[PDB]
Structures are given as C-alpha cells and as structure tokens.
Novice: 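Drug: neomycin | Macromolecule: Aminoglycoside N(3)-acetyltransferase III.
The alphabet sets the chain names here, A first, running in the order the sequence lines are given. Numbering of chain A is taken from the PDB entry, so the residues present carry the numbers 26-290, in order. By the PDB entry numbering, chain B shows 21-286, in order. Going by what the header records, the deposited coordinates were determined by X-ray crystallography, 1.5 Å. Order of appearance sets the numbers: ligands from 1, and atoms from 1 within every ligand.
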Amino acid sequence: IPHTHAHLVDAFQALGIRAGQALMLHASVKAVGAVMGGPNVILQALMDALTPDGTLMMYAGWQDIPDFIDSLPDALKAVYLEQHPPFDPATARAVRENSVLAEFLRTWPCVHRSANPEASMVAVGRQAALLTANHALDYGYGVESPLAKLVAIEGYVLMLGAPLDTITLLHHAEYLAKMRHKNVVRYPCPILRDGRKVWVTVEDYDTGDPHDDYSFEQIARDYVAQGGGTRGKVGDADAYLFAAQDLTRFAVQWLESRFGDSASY
Amino acid sequence: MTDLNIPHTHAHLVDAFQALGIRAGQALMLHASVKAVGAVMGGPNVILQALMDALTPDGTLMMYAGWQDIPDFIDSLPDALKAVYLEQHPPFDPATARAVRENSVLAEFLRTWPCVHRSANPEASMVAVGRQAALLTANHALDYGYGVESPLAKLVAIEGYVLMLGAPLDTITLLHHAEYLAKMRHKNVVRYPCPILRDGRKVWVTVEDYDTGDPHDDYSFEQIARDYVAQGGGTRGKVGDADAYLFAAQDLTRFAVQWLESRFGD
Ligand SMILES: NC[C@@H]1O[C@H](O[C@H]2[C@@H](O)[C@H](O[C@@H]3[C@@H](O)[C@H](N)C[C@H](N)[C@H]3O[C@H]3O[C@H](CN)[C@@H](O)[C@H](O)[C@H]3N)O[C@@H]2CO)[C@H](N)[C@@H](O)[C@@H]1O
Ligand SMILES: [Cl-]
Ligand SMILES: [Cl-]
C-alpha cells in the first residue's frame, strides 16, 4: 500500500513542519518509497502542511550548463558558442542528481525560478517571488542569493532521504566564513539578455570541491551530534529538519575555528 | 561496442527535419525515443526547439501524454484498499499530471513550454504547442477518448502528420482512432473510475471507452504499420542517430481502417 497524501502530511507535521514556514527541500524520491499518486504527491503533501502562506524552494541549477567549453578542442568550442542554447528559466532542465522533485516543481502553477543559471532555485508559495528575485550572476550562493533570503526570513532546510552532503545552504556558509583561502572560479555561460543570447563570464567560489580539509557531511553530522535540528521518518525515508539561521551560524563558526587565518595583513 | 558521437546541434536537427519533409505550418504529432536520437547539444529540449523551428510559429506540435498515475485499476482491489484510493488519490490536474512512462521525455518537456495546451481527457490526454494547439486540444470528451471528439480526429480533419523519431511503429496513438472508426466483428467496451477536477474540487467519474490496452481481435499495431510502410506509406530519413518516419495522418488512418475492416469487418 503506497504512502497516502494524508500519511505524508502527518509525517511532515510530526517532524516539525508548520503552517507559514519557508522551506528548502532536498529529497530522494526512491528513499521515500512508493506514494499513492506518484512523486508529485510528496510536494502536494508538503505544501498542504505549509499551507498557501508557506513557501517551498528547491535547488534546480541547469543540467545543460556549458561551463566546460574551454576544455574542448577549439573547433568544438566554436560550435558550442554558435549552437548551444542559452539558459531559459522557463525550460532549462534541473540538474539530474536528486532532483526528480525539482523537475516536478517546475510544472506547478505560479512557480518562480531565479536567474542565476548554475545556482538557479525554484520556489512556490507566499514568499516564492521574494526568495527567487534578483539572484546575482556572480557569487550565486552569497549575499544576493535565495539562500541569504532564506536565512533572513528564518526559513528551514528539509532533508527527505537526501544525503547530508547535498545541503546547498552550506555553500552560503562557505561564502560567509572568514577562511584562510577560498578558490575562485570564472567560467563562461550563455544567458538571455533583452531576448537575445549573450555569453558572459560568471565569477563564483568553487562549489565542486571544498576550500579546505572538510566535507559538508562532516559539518552536518557534527551539527546533528550537538543537538541541531529534528529527525524523523517520512514514508520510508530518514528525514532531518534544520533551521536555516542556526545551521548557517553553526557552519560558519565550524569553518572559522578550523580554517581561519589568524594572521593580520 | 559503439561510442557516442559529438552532440547534434539545433541547426543540424532543423536541416534533418527539413530533409525528411517537415514544412512550415504543418500540424504534427510526434512519437520519439530521445535515446535513439543520440546526444544533443543542449539536451532533449533542443529536439523540440529544432522541430518547432522547422514548423515555425504557424505550425503545431502535439504529443500523447496520458496520465501515468491514473487509478483506473481500483475496481480490482480489495474493498478496504479501494476506499483508501477513493479518498486519498489525487485527481487528474492537467498542469501537474505526469505523462506516461515510456518514450515520453519530450512530452514531459513540452509541459514546461510556455503556451502549451493540454486536453481534458485524463487517460487520452494530449499536449500541444503552436498555431492550432488550442483547436486540437479543445473539447476532448471523457468518453471514447480516441474517437470522434478527440485530438486525433481533429489531427486527421486538418490533414496533419505523424512523425516517428526512433519510436516503434506499434506506439502510434492514432491507430486507436482507427480502431474506433473501424466496423469490426468484436469490440471490448470498458468502464473505469477516474478522479478529475470539477470546479477546482476532486470528483470521481466513470469513463467509458473502447479498451486500448489490448487489441479487439487477432492483430497488432506493429503489423498494421509495417504493412503500411511496405506499401509505400510515408517518407523516411535520419534525424540525429534515429531512423525517422513521416506519415500523413489522414492516409494512415484510412489505410488502418481498411486493414481492420478487410480482416475483421462487415
Ligand atoms: N495486456 C494486459 C492489459 O494491459 C493493460 O495496461 C495497458 C495500458 O495501461 C496501456 O495501454 C495504453 C493505453 O492505456 C493508452 N490509452 C494508449 C496506448 N497506446 C496503450 O499502449 C499500449 O498499446 C500500444 C499498442 N498496442 C503498445 O505499443 C504499448 O506498448 C502499450 N503500452 O499499457 C498497458 C499494456 O498495453 C491493462 N493492465 C489491462 O487492460 C490488461 O491487463
Ligand atoms: Cl530524486
Ligand atoms: Cl524518450
């Protein structure tokens, strides 16, 4: 018997989901198990628990981002510069890993999607426009990002069978932390500007590898170990619910205590 | 033991569609296997963008969506479990109802396109973009979803086309319209439950249709389509790595009706 809408609603409420919350979701649909009506019922149940006054956001990114063209043979790069489509928020695919639900969320009526291709977020609900508005192209996990706004509105992160290493918010903690050294990347990307394709250079902190000798799984495990968040089952999945403000504060201090620069310049 | 090629470009797919016979302003129903096409520069949406470029905004593109999660099987469930479905299963919502499982990557992509229209019959739902998308998807009756009041009937009436892009010929939905039209010695008629939205609220209705899960007699759609191709029906050509077929909807329907009636007809 597949998990029903009502069963999931009750499980979300038992974990601590409440009306009016703003929530970023990371999920593994396989971990939840069979749901009556399919994966979209997971989103419908969560939005039921949040009510229309709540907000639900997910990381989408862009599956087809051609940020690697400089590594291709020159003649192939030339083809990409002419023929690869730009990031179009209406149709750009979300990244493939752990994003079945993010792709579902893009067909919801009244969805909003932020403008930074690599860091794009999708959101539905009362504060969806606020969270996704004015997402800067450079430093997409920084001060002008949906993650900064999620912290400012005292939102939450919900892990629904998703590995703790995939918490996007921790890239915002990396941005904030005063660390000895952070790796900067600069990469090409085609976007739409006044309805025309334009290739631009995006600058950001590397989000593919850590800036020092840590992992997000290590940080999150330490947070849980000192009492951070709530834990419970939703369907077949192990779930965690974290306050965005407290987790960000914890992670910044965690990074600064281990990888800060005590030298003055 | 065969390697994947350099990704096909938008421009090279447009050229291949035009070489196959796609013309501006046509109305086309597409059956595709994205895997068969091979790597595309920009991903599967580029297949749709190239096809719409060949058709222009004056053309129309339609695909079969259905509803992957339709609970049309609940009458065969024990009573306690059936009651759970009746209370908890979501209704068909055309905005979010996912398309059927197989060969539907492009149908799911079409649903994120602006100005998409989806027809109202859950099990037989079609999605369309372009000039005649509203016309094709309008007023799709709940009963006999492949019949006189269907997008397939309208596709035939406006003299549209069927494009096969690496999909097996047996999956041509239009052949269920031929079954509807053909006078045959035996037909299975089914009634099944379905939850829909009626004034924003979930209501369970009973749908009546010809069975489309099994043939009505000793035939298969692969048989019909293979006989059609063998007698010169359609045009053929490569699109990316896929072998493609382009059929006139009216000619294929007429052929399939005559095929069924010659073997099982009056
Ligand atoms: N074979 C047993 C039967 O399978 C049914 O399920 C079937 C049904 O959901 C679904 O059938 C769907 C219909 O829906 C839909 N309205 C049109 C579509 N062309 C048709 O598709 C089917 O018929 C085509 C041609 N022929 C095949 O190419 C295709 O593989 C097959 N899925 O696929 C399943 C297999 O056809 C039912 N479980 C029950 O009627 C019975 O148990
Ligand atoms: Cl997933
Ligand atoms: Cl496919």
Novice: Got a sec? Need all the ligands or chains for neomycin.
Specialist: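 It corresponds to ligand 1.
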Novice: Under a 4.0 Å cut-off, which other chains come into heavy-atom contact with neomycin?
Specialist: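 Heavy-atom contacts under 4.0 Å involve B.
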Novice: If the contact criterion is a heavy-atom separation under 4.0 Å, does B/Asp190 count as touching neomycin?
Specialist: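 Under 4.0 Å: yes for B/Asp190.
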Novice: Would you look up which organism the entry lists as the source of chain B?
Specialist: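 According to the deposit, it's Pseudomonas aeruginosa.
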Novice: Return a yes/no value: protein heavy atom under 4.0 Å from atom 37 (C) of neomycin?
Specialist: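 Protein heavy atoms within 4.0 Å of atom 37 (C) of neomycin - there are none.
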Novice: As a test of the contact definition, would atom 34 (C) of neomycin count as having a protein heavy-atom neighbour under 4.0 Å?
Specialist: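 It does not: no protein heavy atom is found less than 4.0 Å away from atom 34 (C) of neomycin.
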Novice: Does atom 16 (N) of neomycin have any protein heavy atom closer than 4.0 Å?
Specialist: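 Looking at atom 16 (N) of neomycin, one finds that a protein heavy atom does lie closer than 4.0 Å.
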Novice: Which of the UniProt-annotated residues for 2-deoxystreptamine antibiotic binding in chain B lie within 4.0 Å of neomycin, counting only non-hydrogen atoms?
Specialist: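 From UniProt's list, the heavy-atom cut-off leaves B/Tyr84, B/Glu143, B/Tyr166, B/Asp190, B/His196, B/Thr232, B/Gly233, B/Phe241.
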Novice: Specify side chain, backbone, both or neither for B/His196, according to which of its non-hydrogen atoms lie closer than 4.0 Å to neomycin.
Specialist: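 The side chain, only.
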Novice: Hey, quick one: which of the residues UniProt lists as binding CoA in chain B get a heavy atom under 4.0 Å from neomycin?
Specialist: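 Heavy atoms under 4.0 Å from neomycin, UniProt residues: B/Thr191.
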Novice: What atoms of neomycin come closer than 4.0 angstrom to any heavy atom of B/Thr191?
Specialist: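 Contacts of neomycin toward B/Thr191, numbered from 1: 28 (O).
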Novice: Determine whether any protein heavy atom is located less than 4.0 Å from atom 21 (O) of neomycin.
Specialist: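 No; the ligand atom in question lacks any protein heavy-atom contact below 4.0 Å.
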Novice: Please indicate, with yes or no, if any protein heavy atom is found under 4.0 Å from atom 31 (C) of neomycin?
Specialist: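 There is no protein heavy atom less than 4.0 Å from atom 31 (C) of neomycin.
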Novice: Determine whether the side chain, the backbone, both or neither of B/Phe93 has a heavy atom under 4.0 Å from any heavy atom of neomycin.
Specialist: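 It is neither part, as no heavy atom is under 4.0 Å.
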Novice: Would you indicate which of B/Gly233, B/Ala187, B/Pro188, B/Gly86 comes nearest to atom 11 (O) of neomycin when only heavy atoms are counted?
Specialist: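 Ranked by closest heavy atom to atom 11 (O) of neomycin, first place is B/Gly233.
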Novice: When you measure from atom 42 (O) of neomycin to the protein, is at least one non-hydrogen atom found at a distance under 4.0 Å?
Specialist: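 So far as the 4.0 Å threshold goes, atom 42 (O) of neomycin is out of reach of every protein heavy atom.
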Novice: Are any of the protein's heavy atoms under 4.0 angstrom from atom 9 (O) of neomycin, yes or no?
Specialist: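 It does not; no protein heavy atom is within 4.0 Å.
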Novice: Considering only heavy atoms, does B/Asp234 approach neomycin within less than 4.0 Å through its side chain, its backbone, both, or neither?
Specialist: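 For B/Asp234, only side-chain atoms sit under 4.0 Å from neomycin.
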Novice: Would you say atom 28 (O) of neomycin has a protein heavy atom nearer than 4.0 Å?
Specialist: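 Yes.
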Novice: Okay, heavy atoms under 4.0 Å: who's in the binding site of neomycin?
Specialist: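 By heavy-atom distance, those residues are B/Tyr84, B/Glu143, B/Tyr166, B/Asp190, B/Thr191, B/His196, B/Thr232, B/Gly233, B/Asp234, B/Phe241.
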